[PDB]
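Below is Aminoglycoside N(3)-acetyltransferase III with ribostamycin bound.
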Amino acid sequence: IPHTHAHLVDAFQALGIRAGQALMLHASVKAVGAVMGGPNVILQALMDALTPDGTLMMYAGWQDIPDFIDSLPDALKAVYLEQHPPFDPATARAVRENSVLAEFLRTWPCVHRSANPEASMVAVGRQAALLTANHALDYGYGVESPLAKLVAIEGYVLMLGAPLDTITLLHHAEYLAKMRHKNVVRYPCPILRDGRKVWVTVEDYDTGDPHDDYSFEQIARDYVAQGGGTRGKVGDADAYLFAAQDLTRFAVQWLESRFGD
Amino acid sequence: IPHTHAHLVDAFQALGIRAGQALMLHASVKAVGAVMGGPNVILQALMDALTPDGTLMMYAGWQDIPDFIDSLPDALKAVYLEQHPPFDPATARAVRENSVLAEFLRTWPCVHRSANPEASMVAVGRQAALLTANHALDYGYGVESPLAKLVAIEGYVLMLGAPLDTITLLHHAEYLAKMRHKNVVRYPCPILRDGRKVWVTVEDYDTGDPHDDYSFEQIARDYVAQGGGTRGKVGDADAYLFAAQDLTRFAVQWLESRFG
Amino acid sequence: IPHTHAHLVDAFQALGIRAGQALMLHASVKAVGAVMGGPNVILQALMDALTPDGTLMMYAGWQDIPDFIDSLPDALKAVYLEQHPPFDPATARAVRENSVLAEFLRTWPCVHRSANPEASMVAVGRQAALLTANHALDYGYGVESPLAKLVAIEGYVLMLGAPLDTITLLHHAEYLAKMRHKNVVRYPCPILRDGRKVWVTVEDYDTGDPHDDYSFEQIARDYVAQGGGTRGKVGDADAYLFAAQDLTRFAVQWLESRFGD
Amino acid sequence: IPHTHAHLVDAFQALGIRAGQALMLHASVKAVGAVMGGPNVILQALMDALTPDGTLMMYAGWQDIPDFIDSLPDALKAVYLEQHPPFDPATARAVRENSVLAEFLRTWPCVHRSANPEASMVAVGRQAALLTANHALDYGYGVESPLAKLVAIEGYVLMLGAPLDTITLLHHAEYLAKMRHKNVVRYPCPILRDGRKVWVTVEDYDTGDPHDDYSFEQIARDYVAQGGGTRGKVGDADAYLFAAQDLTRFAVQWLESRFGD
Ligand SMILES: CC(C)(COP(=O)(O)OP(=O)(O)OC[C@H]1O[C@@H](n2cnc3c(N)ncnc32)[C@H](O)[C@@H]1OP(=O)(O)O)[C@@H](O)C(=O)NCCC(=O)NCCS
Ligand SMILES: CC(C)(COP(=O)(O)OP(=O)(O)OC[C@H]1O[C@@H](n2cnc3c(N)ncnc32)[C@H](O)[C@@H]1OP(=O)(O)O)[C@@H](O)C(=O)NCCC(=O)NCCS
Ligand SMILES: CC(C)(COP(=O)(O)OP(=O)(O)OC[C@H]1O[C@@H](n2cnc3c(N)ncnc32)[C@H](O)[C@@H]1OP(=O)(O)O)[C@@H](O)C(=O)NCCC(=O)NCCS
Ligand SMILES: CC(C)(COP(=O)(O)OP(=O)(O)OC[C@H]1O[C@@H](n2cnc3c(N)ncnc32)[C@H](O)[C@@H]1OP(=O)(O)O)[C@@H](O)C(=O)NCCC(=O)NCCS
Ligand SMILES: NC[C@H]1O[C@H](O[C@H]2[C@H](O[C@@H]3O[C@H](CO)[C@@H](O)[C@H]3O)[C@@H](O)[C@H](N)C[C@@H]2N)[C@H](N)[C@@H](O)[C@@H]1O
Ligand SMILES: NC[C@H]1O[C@H](O[C@H]2[C@H](O[C@@H]3O[C@H](CO)[C@@H](O)[C@H]3O)[C@@H](O)[C@H](N)C[C@@H]2N)[C@H](N)[C@@H](O)[C@@H]1O
Ligand SMILES: NC[C@H]1O[C@H](O[C@H]2[C@H](O[C@@H]3O[C@H](CO)[C@@H](O)[C@H]3O)[C@@H](O)[C@H](N)C[C@@H]2N)[C@H](N)[C@@H](O)[C@@H]1O
Ligand SMILES: NC[C@H]1O[C@H](O[C@H]2[C@H](O[C@@H]3O[C@H](CO)[C@@H](O)[C@H]3O)[C@@H](O)[C@H](N)C[C@@H]2N)[C@H](N)[C@@H](O)[C@@H]1O
């Protein structure tokens, strides 16, 4: 009754997932429904469809990032600066709202993790080191990011029962697009440097709210409506498979046509 | 008859300015009235009362600091990033609202200027290098600032027809005071590093608005009312002379009792 | 009698070269022996084993870099400052001792060349632009170098009859290693800036002599002795294939255990 | 016969010492000759000429710093790591070859001491806390040092029968100067961190030998020969009074003209 590994492998393949692809996954475990062996089998089935020559990536981030401390009373901020642990990539837990699957992949054998705390990506497979390498602290969805590299190697994005609003790649499209105005955020973050905690200022485009009157769901819905991507069932979940290069190109043109200067 | 150099020196001495003091000036040229020789003579008369063993300092800042570029359209901000000049302490003009006297002092012979663009101070005299040295870019009114040093050497603040709301030293009291919440700002600024332009992020407490329900004029008036400072006329101007250490102590206690 | 293209491809594959790898080559043409078609066929056979989704990189440097002029009399120095040509990446010849194969690759179609004159790297393939981008003038074997990026994307080093003392990647290990003594040098170099010749000063760790009592031969031989890398014949040449990340990690530990904190 | 407090005060004033100056002293007690009350009176007379508005600073260092332990056998090194006391600024004795006057000033009432063990400075007076604050452990004669601050506040250096080779400020000139070769060292040191002994590694330019073919004696003699500073007798001692800013500028130009870019 629960979905089997073999059936999930074939369901992923039916969508168009092929040996050797680099793929970034957004998922809802509940949407897929009961799997025989639990969410590990979702990851393993996807890895098997990709084969060891492919690569699987997820957005992990950092569940406990203390980027809000300026909003606290001064005396409480002082305690955070002294007592909050730094981002340690070996232990920093994935953002829970990024799916438990991101935390499962973060702790998978042979995983690689990128160094930007807020934008941290985890990946397993042939190009996992490449995708996660040299992730700049500032503008973490920009040109020196795993999203840029995913576009460059013509990777894919799989939404597995995940809302279309959660496509992290579209923050890279926001970065690229010549828009009339984008909101810049600067926030403190503790990191490790020579094995010691250092608080640094991170600069980035706001990724919590859009820069103008749009949503990622709207961009993705328009992409699908004009023939973009493939769609199909995986377990109980509605799934969408997008080519990163074409989706990014479409999204940049979409933003610039509506909100450019 | 326009006010003379001698009459200004004498009025400065009558108010309590003494040889060897370190003094930070806030002024209105218009409030002083016509001076024989112009605003140079205000500066020179004050320097003469201080003698070369004293020191005179003003808050210059940078009139053209482009700290607002994040609010501009992205395409315009890109042009600023490419074309706006960096803070060059040799040429960066003083904020006009800090008085033309601050720009006059900034271009005075033997002046020293501190390196923080937004908070830049200029000084002439025996301790001018000391006061302006190693002015940190972040928290420019804090521990690594000319204001901290002015307090440490028990200097003075002279208000020469300037409103009591303009006492820059009270931003140092804000920095020191343990208050429930202070607003932190981070803003971009172009500077010179190894002779090349570099854009850096500056972090500071907000100095454009108070951190709570107060004004500097309110603090200063309360200080005067409880016997703080000396008052007198210099030219046509109402003048106030404050000890930096006592005013800072008072303002920190004032802030902490109300907002701590 | 001469080695054929097909036999060289087979030998590279037997050694462990795989499609998609990013590979840095050190070679001796003489050690390989006569090849049917000459040294071009060595490069093409290696590129074929790597496929277009792989990358081949070599250290080119600049045969005629005038980094020695501070030692000359002022009058001769003035002539160098006036008359020596700048580093032009389109024409600057590779160091002859880096093998003629480095000069052959530098002039190969679709090559990318990194901008640091003394440390210039040349590469052909899918990650060639990535590896050669933004190569800082200072500390050219350091954090901003193609060697750092080769480690970060988990590339490989192939020794094709080249002595183990010539592994340029070990200068990156010297840069990373925390050691009791380092020599820092500053030297002059003419470059092109806005189409004009400009003399700049480059700061780097000394790469002409070791920083302490060791040799690269010593480190690499120890690496092999503990099971590092794979070995085999390619043509007449003894070949070694090393993982860049594992060799660098080993060499940093080797240096730090003897001269470190 | 023994020099009196009053006659030292007069001699310091005749040399050019003035109220309010920040002054770094290098001294020989024997060169001054017998003082009525002993070396305390040298320090007190100098403080009196400076007044409490002035500041007197000396290089104390740490007589017992175990910065040499990497050269010992592993077994003896092990005992040092276990048993050597940490740098405690309250008790760490001044280097004996820095003059007993440095230890006398280190134990003077109201003294402030900078935190860098090897480069520790002690000071008494109005800018004593300023000069000694935030003395970084790495590059202790560099930008984050009391010597940098002495230059910035336009202080002075007084040589009181001390050899001209002993001007510690010239290590700051070495740090600033752009030079063809520098030696960088890393050495161990035990310090206090949250009241517990911790061993750290300090990185600095070598200050035990020059970076090139020069001595501080040469630089200082050349400075004096071109009119730098003021000279006079204090007690039996030849004294020199130098402006820290002018001497540092001269020394940096001297080094860069001979060994610079
Ligand atoms: C928010 C969102 C993750 C919620 O989806 P979800 O299916 O409810 O949550 P998850 O995918 O984390 O799965 C949670 C379920 O995994 C199940 N599960 C199975 N084994 C588990 C295990 N060892 N440990 C924990 N949970 C386990 C549990 O049933 C758990 O549900 P429960 O806590 O209610 O018992 C989803 O709507 C979504 O948005 N996904 C895309 C997220 C994304 O990629 N965001 C990018 C940034 S915008
Ligand atoms: C805002 C404030 C400066 C305005 O006072 P003000 O007397 O009108 O202005 P200034 O002191 O700059 O003097 C300007 C006058 O100097 C005169 N002046 C004389 N010689 C001059 C010269 N060579 N060049 C320019 N102006 C000259 C001019 O008459 C000029 O007035 P005008 O342009 O209207 O003709 C004053 O109210 C104030 O706040 N002073 C304190 C400022 C301060 O210290 N702020 C700290 C940060 S909060
Ligand atoms: C120094 C070293 C290159 C010498 O090896 P080598 O085989 O003698 O020299 P090369 O690899 O340059 O091959 C030269 C041969 O290529 C041959 N060749 C074939 N076609 C050629 C052509 N069109 N043009 C020139 N030479 C050609 C020639 O026989 C030439 O030898 P020759 O000039 O004596 O006739 C080798 O010992 C070595 O150290 N390799 C590693 C180099 C390195 O990577 N260094 C990194 C910095 S330490
Ligand atoms: C090395 C140098 C200090 C030797 O000078 P010195 O006059 O022989 O030594 P000191 O200045 O330490 O004075 C020591 C004398 O102080 C006298 N003294 C007086 N009271 C004393 C007391 N309570 N306790 C100890 N000594 C006392 C003693 O005569 C002692 O000499 P002694 O042990 O032979 O009896 C001197 O040549 C020098 O180089 N000074 C500059 C040092 C410097 O600043 N170095 C910076 C780093 S390069
Ligand atoms: N792609 C649109 C999404 O925006 C928000 O999630 C973003 C997230 O926003 C955070 O959400 C927290 C509060 O929910 C804040 O701390 C924010 O920083 C941001 O910090 C990440 N860098 C990227 C995430 N995409 C929304 N939470 C999500 O529901 C929505 O689908
Ligand atoms: N706290 C009282 C004072 O605050 C403001 O001046 C501050 C000033 O704030 C600017 O004032 C402008 C409003 O005209 C804004 O651009 C602000 O950025 C800030 O740039 C300086 N760092 C410190 C100045 N004290 C007031 N201008 C001044 O009139 C008043 O006396
Ligand atoms: N570390 C091992 C290697 O070091 C030297 O080659 C280096 C080379 O050194 C030059 O060669 C001369 C002899 O050392 C120096 O004077 C420099 O000009 C240097 O310029 C490059 N930056 C890197 C090269 N690896 C050796 N020449 C080389 O044979 C040896 O394999
Ligand atoms: N500035 C020149 C001076 O160098 C030496 O003293 C230096 C001292 O050098 C040590 O002294 C040992 C032998 O000289 C070295 O091994 C170092 O550890 C060094 O540790 C300090 N950081 C700075 C001192 N200046 C000389 N002791 C001194 O006589 C000479 O005049």
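To find a chain's letter, count down the sequence lines: the first is A, the second B. Heads up, chain A uses the PDB entry numbers, so what you see runs 6-266. Since chain B takes its numbers from the PDB entry, the residues it shows come out as 6-265. Quick note: numbers on chain C are straight from the PDB entry, i.e. 6-266, in order. Numbers in chain D come straight from the PDB entry, and the residues shown are 6-266, in order. Note that ligands are numbered from 1 as they come in the structure, with each ligand's atoms numbered from 1 the same way.
Counting every copy, the structure places ribostamycin at ligands 5, 6, 7 and 8.
Other chains in heavy-atom contact with ribostamycin (ligand 7) below 4.0 Å, by letter: C.
Atoms of ribostamycin (ligand 7) found under 4.0 Å from any heavy atom of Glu123(C), numbered from 1 in the order shown, are 19 (C), 20 (O), 21 (C), 22 (N). For ribostamycin (ligand 7), the atoms lying closer than 4.0 Å to a non-hydrogen atom of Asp170(C) are 2 (C), 3 (C), 30 (C), 31 (O).
No heavy atom of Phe73(C) sits closer than 4.0 Å to any atom of ribostamycin (ligand 7). This entry records no covalent attachment of ribostamycin (ligand 7) to a chain. Of all atoms in ribostamycin (ligand 7), listed by their number and element, those nearer than 4.0 Å to a heavy atom of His176(C) are 1 (N), 23 (C), 24 (C), 25 (N). Here's the thing with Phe221(C): none of its N/O atoms is less than 3.5 angstrom from an N/O atom of ribostamycin (ligand 7). Near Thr171(C), with a cut-off below 4.0 Å to any heavy atom, the atoms of ribostamycin (ligand 7) are 31 (O).
Organism of origin for chain C, per the PDB: Pseudomonas aeruginosa.
Measured by heavy atoms, ribostamycin (ligand 7) lies under 4.0 Å from these UniProt CoA-binding residues of chain C: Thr171(C).
Measured from ribostamycin (ligand 7), other ligands and ions fall under 4.0 Å in these cases: ligand 3 (coenzyme A).
Within 4.0 Å of ribostamycin (ligand 7), judged by non-hydrogen atoms, the site holds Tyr64(C), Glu123(C), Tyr146(C), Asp170(C), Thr171(C), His176(C), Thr212(C), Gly213(C), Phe221(C).
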